[PDB]
Every structure is written in C-alpha cells, then in structure tokens.
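Structure showing Taxol engaged by Tubulin beta-2B chain.
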Amino acid sequence: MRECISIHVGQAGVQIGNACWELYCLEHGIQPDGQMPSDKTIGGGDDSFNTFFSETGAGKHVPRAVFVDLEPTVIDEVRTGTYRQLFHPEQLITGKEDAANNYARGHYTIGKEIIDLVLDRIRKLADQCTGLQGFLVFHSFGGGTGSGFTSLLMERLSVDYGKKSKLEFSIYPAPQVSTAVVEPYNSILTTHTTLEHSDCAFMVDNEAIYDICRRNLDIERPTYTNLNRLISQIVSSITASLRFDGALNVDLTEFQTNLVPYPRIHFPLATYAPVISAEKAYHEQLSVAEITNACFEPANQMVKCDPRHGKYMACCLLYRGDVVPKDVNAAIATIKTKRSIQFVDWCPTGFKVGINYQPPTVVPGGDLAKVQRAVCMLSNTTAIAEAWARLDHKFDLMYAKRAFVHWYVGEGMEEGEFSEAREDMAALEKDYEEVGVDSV
Amino acid sequence: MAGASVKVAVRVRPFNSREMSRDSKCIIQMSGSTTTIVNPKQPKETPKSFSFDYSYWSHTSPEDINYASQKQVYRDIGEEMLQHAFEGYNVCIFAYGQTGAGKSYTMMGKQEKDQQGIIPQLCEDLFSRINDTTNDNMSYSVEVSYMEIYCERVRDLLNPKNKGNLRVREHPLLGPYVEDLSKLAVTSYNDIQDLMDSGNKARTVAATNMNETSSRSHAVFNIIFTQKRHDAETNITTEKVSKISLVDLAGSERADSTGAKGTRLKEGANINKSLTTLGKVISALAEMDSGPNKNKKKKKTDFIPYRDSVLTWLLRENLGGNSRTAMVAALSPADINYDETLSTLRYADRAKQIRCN
Amino acid sequence: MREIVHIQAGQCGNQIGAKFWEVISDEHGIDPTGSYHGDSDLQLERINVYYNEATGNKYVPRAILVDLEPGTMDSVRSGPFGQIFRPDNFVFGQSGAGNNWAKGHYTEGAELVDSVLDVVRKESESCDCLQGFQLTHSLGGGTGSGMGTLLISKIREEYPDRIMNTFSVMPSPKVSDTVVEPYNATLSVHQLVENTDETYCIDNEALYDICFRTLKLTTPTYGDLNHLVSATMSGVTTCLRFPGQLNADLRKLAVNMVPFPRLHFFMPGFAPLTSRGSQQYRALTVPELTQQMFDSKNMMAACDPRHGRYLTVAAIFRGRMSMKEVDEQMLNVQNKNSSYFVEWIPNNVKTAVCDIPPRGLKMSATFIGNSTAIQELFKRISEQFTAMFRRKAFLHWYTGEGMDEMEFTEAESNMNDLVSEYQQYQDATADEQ
Ligand SMILES: CC(=O)O[C@H]1C(=O)[C@@]2(C)[C@H]([C@H](OC(=O)c3ccccc3)[C@]3(O)C[C@H](OC(=O)[C@H](O)[C@@H](NC(=O)c4ccccc4)c4ccccc4)C(C)=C1C3(C)C)[C@]1(OC(C)=O)CO[C@@H]1C[C@@H]2O
Ligand SMILES: Nc1nc2c(ncn2[C@@H]2O[C@H](COP(=O)(O)OP(=O)(O)OP(=O)(O)O)[C@@H](O)[C@H]2O)c(=O)[nH]1
Ligand SMILES: Nc1nc2c(ncn2[C@@H]2O[C@H](COP(=O)(O)OP(=O)(O)O)[C@@H](O)[C@H]2O)c(=O)[nH]1
Ligand SMILES: Nc1ncnc2c1ncn2[C@@H]1O[C@H](COP(=O)(O)OP(=O)(O)O)[C@@H](O)[C@H]1O
Ligand SMILES: [Mg+2]
C-alpha cells in the first residue's frame, strides 16, 4: 500500500498537526471519534485510506501520527479536546520543563530520556506498515524543543531508516517579525539537521502568510489557525497523489527525482494559488491559466523572498479538480514566454506536471472558498539565499559579543560548535550562488 | 592600566605507542605561524587553517629541521615571562588541552630531567638568579600556594584537612584573595616539585567515557616573589612584590561524550562556563592591549568581565593592569581524536585572532 | 507538572504574599476554607503549580512564611485567608531584627534558618518536578534582607539547577521609613547579585505615582500597592497554569531576557489601568495595551527608561487576540523608538500569549523590562551609602553583631561593578578611538 508517517515536534508542529488531521478527517469522511458511517452505508470502497489511517476490527481508524513535545500544556489540549478519541493514547509527553528556546536542552540534556520511547513508537508504527514511503516531520526553526529534538530524531531515523524519504514542513524566522530573542542561534544551529538528514525541506514564513491573509482573504486580524489551515491545505495537495485517482499521479520519489538537481540544494519554496474569500470567489473565472499565473506572482510566495532576484531551476505543479492537460500545457507555454520568469539554461525541460481528480475540500468555519480547480506549486529557486542571508547577519550581530552564549554552553555545548554551524551555512549560500551561474 | 599582551602557542606531540602500533595518520600541518587541520572523514574537501603567535612541531623526536624543543619553548615564553616577573609585575601562564594530549609534558616535562617543562626550568632560573644577585644588601623571598576551583568553589590541596569550601574576599587595597589558604616558604625547586606532587595527589578527578581519571577541576600554583633592597639609606623597605601563576585548565566536555546524569553533567557545565568566561576575559585583554599600544589614547576605562567566574576573579590582579599573559595548547596528531583536537584549536582561535592569508 | 515553592519574609513580604494568595485563590476559585467552587474545568487543570491536595478535597497553598517578629504572623492568621495556610509553615522567632542586617543574617536568623530549610526541604520533596522558588521580601533591612539573602544562599547551595525568582522592594529617595536603608540595601543587593536568576525591582515611589496619576486614587494605602504587585506576580507565571497560542515558561523568560549572568534586574509593569472613572471612555485593544505598557509613568521601578537603553523586553498578553496585531505592535514600538533599544540585538521583545484573561477583563498584559536605566536606582543608594560610610554614622550597631567592617566595602565594590556593567551598553555609539 502507499503509507506515510507524520511526526509533529513542538507546539508549532502540534498545532499544524491539529489542522492537518482536521483536514484529513473532513476529506475521508471520518468522524472525530474515529468511525466512518460511509462504509456502513455503502459497504464498499476504500475510504479508509492507508496513506494516513489504520483500520481495526471494530471499524475504528487510528491515524499514523506521533505527537512529541516537552511541554504537557499543548498536547493536553488534544487529549481533552474534540479529537481526544481519534488518537492512540501514546501521545509521548515529557513530564518535565521545556527546552526553553535552548537548542542544547532540546538536543542532549533533556531531549534524552524521551527519544528512546519516540523511536520505539515509530518502530511500532512502521512494523504495521507494508509499503512505507516516507516521513512527514513537522517542526519549527527558532524554537528550542523543535530544533533540538528534530535534530536528534532525524539523526536517529537516518541511522535506522536511511533509505526512506524524510520531508520537512518547517517555519523559518521572518525578516523583522519574531517572538524570541535567541531565535537566530537556534535557526543557525538547525542547519546541520536540515542539511545532512533531510531529503526535501519545505520552508514557510509567518510574515508572508500574514500578508496573504490580509490581501487575498481580507482577514485583517488572522491568528495561527489560518496559517495552520493554509499549511494543511498545501500538505494535502502534496500528498493527494497517493490517495485519489488522477490522469497524471506524482509519487514522493517522483518529487525527489524531479525537483532537486544536486543533493545539497533540496530547499524548495511552496505556494497555493486559489487563496480567495467567499465574497471574492464570485467575479472571478479561476481558470487554469489564471491560477498558474498567480503562482508566479512574487506577492503570493509564502517566504519573504523575491523570485525576480533569482533563477528558477525546477518547478512542479500539482493540479486538483476539473483540470485537463491541454489547459496545463497552454499555461506552461504562456509562462515560458514571459521574461521576468527566468530559468537556468541547463534545465530546458523546466516543469513537472501532475493532475488529480479530487477537488479541494472546504473546512467548516474556515475562510477559503469552494473552488472547482486548485493548484499547488513547488519551486526550487536561488532567491531563497536572500531569506538566509538576512538571518545570517542577525547571528553575527549577537555572536560578536557572545550574547546569550552561557545558557547554551551550560548544557553540554562547545562554543566553537556555533562557528562550525555558521561555516556550514555559509557553504550553502555559495553552493546556491554556484548553480545559478550561466554555463560556459 | 598598562595593558597585558597575550601570546598564543600551539604544540603537537609525537604518536604514543598504541597509536604508533596502529596504522594511524597525521592530520596536522604547520608553516611558520599557520596551522592547518585536515578532516579524515572527508579528506578531499579542504583543511581548515588557523593562525596563532607560535606553532610548535614537536612531532618527530629525532628531527633536525624546525623542531620545537622544550628549551626553545622556554626561551620563547618562560624566559621572557620570568624576566618580566623580575621587574616587579604580575605573570600568569595557562595550560589547555584534552586528556591524552600534552599539558603535563608542556608544564612539567619528563622525569629524567634531560628535557623539562616550563615549571621546573622557570623555578631553576629563578633560584639561580636569586643566588647570583643576592649581595649583602639584597634579600629575596619566595612563597608558594596551590589551590583548585571546582564548581566555582575554592579548595586547598596542600593542607590535608576536611575539604571545605574556602571563602573569597576582596581586600580594598590588595584586590581579591582567598581566606585561610596555606602558604609555605621554599628553598629549592625540589621543594616546589614536592609540594606540587602532594597537591596533585589531592586534586579532584573522576571517571568518564573519555578517560578513567579525567580532571574535574581547575588548579593554580601561585608563586609570590618578594624583593627587599637594603640600600645606603635610613629607610629600608620591600621594593617590589610580584606574583607568578601557573594555571591547569581542564579540557572542554560535550554532553554526548559523557552521558551520565547528575554530578558529571553539572561538572561539565561548570567547566564549560568557566572556560568561556576565561576566553572572553583573555580576548578582551588582548584587544585592549593591542589598541593603546599603537593608538596611545586611553578610551575611558573600557570594561572586562572580572566577576563572571572565580577563576577570572581571583586572577584579576594578574590578568591585566600591568602584566603579561601566555597560553599553551596541546594537540594530538592522530586522526582518531580529530574532532577533539579541532575543539582545542577553536579555543586557541580566541585571544586576538590572527587573520592573515 | 512545573511546580513552584513560595517563600515570604518580613512585614512587606508577608503582606504581599497574603494579597498574592488572595488573588491566586480568586483566580482558581478556591474557597477561603480551602474547598473549590469554580466555574470551569481549566481551573483545576494546573492547580498543582501552587497548591497541594488534601484528603478532604481541600487545597493547601505551597507557601512558607518567615518572620523573627511573631506579630506579622498573627495579622495573617486573623485575616480573610488566614486559615488557608498550613499551620506548620508558620516558622517564626521571638526577637525582632530591629532593622539590623547583621542580626537577621548572622545572630538571630542563623538559628531559625535550620527550621525554615527543614520545612522547605519537606515541601520540595513532595513536589514531583520542582521548577523554581519565589521569594517575596524587601530591602528595608529587617528580616526580609538578612533572612531573605541567607535563605537564597542556602537554597541555591542545596538546589543549584532550579530557578530562583525574587520580588524585592527597593528603597526610594523621596519616601523613606528607616534611617539605615542604604547599608542594608547594599548588603542585600550583594547577595541578590550573587545568587539569583531573576529579580524584579519594585519601588514604593513608582507604585504611589501609579496610584495617584493613573488610578486617580485620593487616599492610597498599602493594600493597593500589594494588589498591583500581586497582579504582576500572577501575570508573570500565568503561562504555567493555562493553555495559550504561545507559551512562556519561567526558564524561557530567563533565557531570553538575561544576556549576561549579572544583568538580571527587571522593571515590571501591568496594563490596563483605567481608574474606574474613564473606564467607559477607553477602547480596549492590543494597541492600547502596548501604548500603556511602554509608557514611562507606568513603570514600577521609578527609573525612567528614556534615560538609558532597553537590553531586553518581554510582553505576556492574556486574552483572546490575534497574534498579527501583537507582532505588528511590537515591531512598530521597536521601529518608532529605535533610539531607546540596544542595537547589537536584532530583536529584543519576547512575546507570549495566553487564552485565559483575568476574571473581570477581556484582555490584559504584563511587562518585564531590562534596561540600563535601573543603574540610576543603584547609584542613588551608593551615594547615600558613601554619605554614611565616610563618617561611620551607624556602624557600631552592626559591628557589635560580629560583622567585620571590610564586608561593607566589598558590597559597595560589587554594587559599583554592577553599575559599570549597566553603563557599558548605555552609550548610543562606539566609533572614537
Ligand atoms: C472593567 C471591569 O471589569 O472592572 C474592573 C476595573 O474597573 C478596573 C478599574 C480595575 C479595578 O481595580 C482597582 O480598582 C485597583 C485599585 C488598586 C490596585 C489594583 C486595582 C477593580 O477593582 C479590579 C477588578 O479586577 C479583577 O477582578 C482582576 O481579576 C484582578 N483582581 C482580582 O481578580 C481580585 C481578586 C480578589 C480580590 C481583589 C482583586 C486581577 C488582575 C490580574 C491578575 C489577577 C487578578 C475589576 C474586574 C475591576 C474593579 C472591580 C473595579 C483595575 O484592576 C486591575 C489591577 O486589574 C485597575 O484598573 C484595572 C482595570 C480596570 O480598569
Ligand atoms: N505558523 C505558526 N507558527 C507557530 C505556531 N506555534 C508556534 N509557532 C512558531 O514557533 C516558534 C517556537 O516554536 P516551539 O519550538 O514549538 O516553541 P515551544 O513550544 O514553546 O518550545 P520551545 O521553543 O522549546 O520553548 C515561535 O517563535 C512561533 O513563531 C503556529 O501555530 N503556527
Ligand atoms: N509595598 C509595601 N511595602 C511595605 C509594606 N509594609 C512595609 N513596607 C516597606 O518595608 C520597609 C520596612 O521594612 P520591613 O519590612 O518593616 O522590615 P522587616 O519586616 O523587619 O524585614 C519600608 O521601607 C516600607 O516601604 C506594604 O504593605 N507594602
Ligand atoms: N616533545 C613532546 N611534546 C609534547 N608531548 C610529548 C613529547 N614527547 C612525548 N610527549 C607525550 O606527552 C604525553 C603527556 O602525558 P599525559 O599525562 O597524557 O598528559 P595529560 O596530562 O594531558 O594527559 C606523554 O604521554 C608523552 O608520551
Ligand atoms: Mg515548547
């Protein structure tokens, strides 16, 4: 079967997982308490899709997920919330303090004594799996528990499951908006884990999603619920190829084969085109060409970077709903003529295309309108280097005076390791600047 | 406020018997004042290059060209520093490095007394000069103390009582000092060696995954030197008072290296904190010495984190004002210890990092 | 569970602790007899942070009370919430310190410290996962200084890795109550600098100014000042007891706010404050709370932040609000007042949000600043100290208790060093050789 395991680390991961599992349960017709009346009414089909759920003899469906965090305060909301009966009781809470925005704490002084249990639960989930394809690790840069425990967990998973894919859906610090003082240290220290052990790291920015919510959706005071719902929509669009039928399906291995030219540049941007309110859902055709053009607009990107300041090297478009390949080919032909959208000379093919028949689903109480057609773009571009460089500057401004360093070295961290991470990160920037140069 | 220049020295030891028997490889190269290290895991990427004041290739014992003999190391560091101490100004030498590296060789040297460390050679020169210059008017006095710092608590090694935590006070005129610390007079370098051996017997050590008796505490040997001149005058007074400190810094420690919880983790955290504070204070001192020496403009009073650790606090008089500093870092040459050596090199990068190349 | 042990010493500390326990019991809906009569299930979700459970479905606060004068205990027992506390935790002597730091530290407090530490050990052993301590005292110079610092040192020695928080009332230049405030304040600030992780500076002058100008009270009393300090204390640790969109543990605040070990003196603040006359004329939104929080007159430390620079800031909001507004307001505050913020930190405003506001408010906010202006407070004390130490104004009362003279000098030196630290980052440029 086609089966993927989701892992949520930290508060950001837990809340994004709440949104994601709300979306999946709405998609597959599973009630919050795990039952599905559809199978009893029909007596056929395969709506208990193995991509995310496991069936028991009583008709109850258990999600293939593991929630991890050192704070008990965010998981206990789930354990006493609406979905308390959906998940297995093994929610893996560490009954201690948080990593407290310290990478060292989350990594190797309190992240231990729970990593063994987490790996045991992951092994238990994988043993029930027959055709396990990859992992979907949700976390967030900048935080302590997220960065540190993700580093430890990905290292152990690469040791144990070195062949399987490992996708990341992480949140990157914004240029100006941030909710922590020591955030750049954790974000820079996360470079080793997001480089060596990750196979394809998707990054999003809070400022960009706030701008999208303000402009497109006309929500002037959005909260984290809207951000989590948008990220859930993108993840569902990525993963839909393994569940529903389609004219052209795209597996995870196909993503990894088409999007990354070289091993070290697996950091693509992601975006979602038909983000529009119900009021503005009218007055708009929302054809294939319009959404395909809306993908390339610099204002709709979910990371505060300018694609116009770089060169595209690999694009992948996943269409959902009433989409025919003729319109997609016409849209690609229209795109290739525009001069603002510059492609590297060494990738003349350009685009990967996938189409799926299942349209998007509207979450009740949400903000996205019902749309017959939708598309999700993944794009490998050099402009992401800009989104790194600014953060790099911030790190220097705090490392010149060794500010906040004593907290990290008080938990089994060598000071020089900071520099080591910085050095590695610098190489990444140069590597990106190496690939965008025109051939000779 | 005269400033204190700091000299950074690195030295490489030969292969031990176990490493010599095994097919180990050298990873360290030296050219003038530049030292480069090559990763064995991916040798094809690049060697990381660093710059220090002195780089010492003591790798091959019978080598004829560019061998940093112990007498050479003395002549660069200990001779000049002893001469500075003779003028009446404070002195402090530091030793850093991981276990299995040098340290003991650099400071003490071999027991056969054919090749000696900085400590016994410095003591011999001190006492020979004392016997040479002691006329009817001169009077030279030497005293020694030896203490340890462990979780920011001071303990005495010479005195065999119950090892309580001694109290640290601040004389308004004489600066920081330790209350109820044993101080003894000495008449030869043999007495110095005896007291140092007795103190080293009493230091705090513990068993970890890196060594069975890894050091768990810093230790300092203060040599107090006093000069009295009975000149042809009606008022004879102690002309000058100077101190010489020899510091044995315990090496850095990582969490994964020592998985034990409780005491060992707290010891490692305290050692790491003291080490970063010492790095900061030495780097600030190096920068402040460099600036005025060329500009000769005293910018207000600057600042320096004296009160961040007991080690930097008690060495406040020696570290800065008017003194000299120097640190020697020991390096293993075997690929097997590569990461460890790199960490040592990184700590040597502080103290007015040289850029060059 | 992240569980805290609360200690209080002296008249000021005990009264602030009584008001604080009243506020906390009201927040959790605890009957003064100890029973529970709350409205929601979240109140008992995290009751173990401050309370232990008895077999009769009663909740006993995890508080320990200390005073060498028994009278302060009696007024606490003969009060609205007197019966709530455990009788065994009323540790006290029968001889006052007499505003002598030496008596509270060396002569009298040294005998009661053993019993106090035994009670603290008993309380801590019952805690399944202790987080830190919370001491309420004052630097007037009686029990709160001497016994406070002695207990701080002893607890730090016993429990090195736990958090140590203290809410301390400083002396003031314009309002004074004892003649020997500077000596005791300096001697206590020495130990506070040595052995604490967070110290929230409180000034009677600032609280009186808040009462007169912001709350428009005509006859303020100590109850109102205790009420304000209690509101700040609850707001600091709100995130440990309730869920939120972005949590802030005590250790999170300690890590984000303290760049270097010695710079851990904080200026607290609270919003909203409307005086009950212009309440109906005020629109309550996140921008209004942000405007009131950063206002100079709202600070509780009696130090103008405009005379220095902010090393760090933390804002803990309570209530249902959108985080885009909060982040935009913090960014706007940083950009519009860029001169008053340190520049070698790219962003120095920690943010936290909680979904459970106070009982009778739609939304509120707690402020914790860390700025160079606090040095002014220390400088004032130092000046007064010199004015008494050059002539030995009242030293014979201290030296009679076995205190050496040199210790005073040591404390002064340490105090001066701290000022120099806070002076290092104050200048808004470094170019000139
Ligand atoms: C607008 C409204 O609903 O009425 C308010 C009110 O009018 C004002 C004037 C209240 C009022 O407060 C005061 O008059 C006051 C005077 C001196 C010192 C402190 C308070 C109020 O008394 C205070 C009281 O506050 C609370 O109930 C909070 O929960 C508060 N105190 C207590 O819960 C409490 C419990 C037991 C005994 C005494 C107080 C609190 C705040 C933070 C954390 C925990 C608790 C309320 C609702 C009001 C009145 C009644 C007028 C204010 O109170 C605070 C500090 O929140 C002062 O300005 C604020 C906000 C309001 O504008
Ligand atoms: N988009 C989005 N970002 C979030 C959300 N929750 C948290 N974040 C971001 O995640 C960062 C910190 O993540 P966490 O590691 O989970 O923080 P934590 O749960 O307190 O754990 P520690 O960082 O170790 O203290 C914050 O700076 C936020 O910007 C969310 O629900 N949506
Ligand atoms: N805020 C506040 N301060 C107080 C209160 N009672 C006393 N103080 C302050 O405490 C100082 C006197 O010290 P005190 O606490 O009596 O000494 P001790 O009790 O013997 O340790 C004075 O400067 C007062 O300003 C109170 O109820 N509230
Ligand atoms: N010329 C040299 N320079 C530095 N080290 C040397 C030299 N010759 C030999 N050594 C080695 O240095 C080692 C230092 O001993 P050791 O007790 O391991 O030091 P540490 O106290 O660092 O553990 C000895 O084992 C010795 O073999
Ligand atoms: Mg957390």
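Note: chain IDs run A, B, ... matching the order in which the sequence lines appear. By the PDB entry numbering, chain A shows 1-440, in order. To match the PDB entry, the residue numbers of chain B are left as they are there, and the shown ones run 1-357. The residues of chain C that appear here are 1-433 by the PDB entry count, in order. As the structure lists them, so they are numbered: ligands from 1, and atoms in each ligand from 1. Header lists the method as electron microscopy, 3.3 Å. No hydrogens, no waters, no symmetry mates; every other heavy atom, side chains included, goes into these values.
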Could you list every ligand or chain that corresponds to Taxol? ligand 1
Which other chains show a non-hydrogen atom at a distance under 4.0 Å from Taxol (ligand 1)? C
What does the PDB entry report as the organism for chain C? Sus scrofa
Which nucleotides or residues of neighbouring chains are within 4.0 Å of Taxol (ligand 1) (non-hydrogen atoms)? C/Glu22, C/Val23, C/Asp26, C/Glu27, C/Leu215, C/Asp224, C/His227, C/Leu228, C/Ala231, C/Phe270, C/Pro272, C/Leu273, C/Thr274, C/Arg276, C/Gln279, C/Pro358, C/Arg359, C/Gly360, C/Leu361
